[PDB]
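Featured here: a structure holding I-BET762.
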Amino acid sequence: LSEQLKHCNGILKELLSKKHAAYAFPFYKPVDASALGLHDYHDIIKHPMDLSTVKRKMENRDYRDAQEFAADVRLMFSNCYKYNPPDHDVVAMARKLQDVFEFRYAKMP
Ligand SMILES: CCNC(=O)C[C@@H]1N=C(c2ccc(Cl)cc2)c2cc(OC)ccc2-n2c(C)nnc21
Ligand code: NI
């Protein structure tokens, strides 16, 4: 269990690393809907999620198991797929980062 959470933390650090920054950056911080002019964001997305929040939860030992961690990372991608039309660049970025996540998550100890 501790082992599985270390795997999860490893994945998190990878998603935040420079290697993936070209497509990970939209997911680093909470969506600032006002700043981006997205005045419908919080009406469509009722459970915002982002990598800084996942990191805080990991650092605070909020996550009790790998499934809980994965549900939050996946929620983050789902919010992007819900809000944005599927041909938008940010959706392509989400799909690429989700590929990174899913392939490594699958190597669960
Ligand atoms: C075309 C305008 N679209 C938007 O503003 C939606 C927004 N779109 C982007 C976004 C990201 C990358 C590109 Cl190339 C174009 C738009 C976005 C950019 C951010 O920069 C700090 C943070 C969150 C974002 N994000 C996420 C996450 N989900 N939808 C969006
Ligand atoms: Ni899940």
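To match the PDB entry, the residue numbers of chain A are left as they are there, and the shown ones run 346-454. Method of determination (from the header): X-ray crystallography, 1.5 Å. The analysis underlying the following values was restricted to heavy atoms, covering all of them including side chains, and did not include hydrogens, waters or symmetry mates. Just follow the structure's listing: the first ligand is 1, and inside any ligand the first atom is 1.
Including duplicates, the parts belonging to I-BET762 are ligand 1. In this complex, the main macromolecule engaging I-BET762, as named in the PDB entry, is Bromodomain-containing protein 2.
Defined by non-hydrogen atoms within 4.0 Å, the binding site of I-BET762 is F370, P371, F372, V376, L383, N429, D434, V435, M438. The PDB entry names the source organism for chain A as Homo sapiens. Listed by number with element, the atoms of I-BET762 under 4.0 angstrom from any heavy atom of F372 are 27 (C).
Less than 4.0 angstrom separates atom 27 (C) of I-BET762 from at least one non-hydrogen atom of the protein.
Of the protein's non-hydrogen atoms, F370 CE1, 4.2 Å is the one closest to atom 20 (O) of I-BET762. Near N429, meaning under 4.0 Å from one of its heavy atoms, I-BET762 places the atoms 6 (C), 28 (N), 29 (N). Residue counts put most contacts of chain A with I-BET762 in the UniProt domain Bromo 2. For atom 2 (C) of I-BET762, no protein heavy-atom neighbour is found at a distance under 4.0 Å. Distance cut-off 4.0 Å; other ligands and ions near I-BET762: none. Annotation for I-BET762: atoms under 4.0 Å from non-hydrogen atoms of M438 are 12 (C), 14 (Cl).
Less than 4.0 angstrom separates atom 23 (C) of I-BET762 from at least one non-hydrogen atom of the protein.
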Between I-BET762 and the protein, find all N/O pairs closer than 3.5 Å and give the distance for each.
| from | atom 1 | to | atom 2 | distance (Å) |
| --- | --- | --- | --- | --- |
| I-BET762 | 28 (N) | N429 | ND2 | 3.4 |
| I-BET762 | 29 (N) | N429 | ND2 | 3.0 |

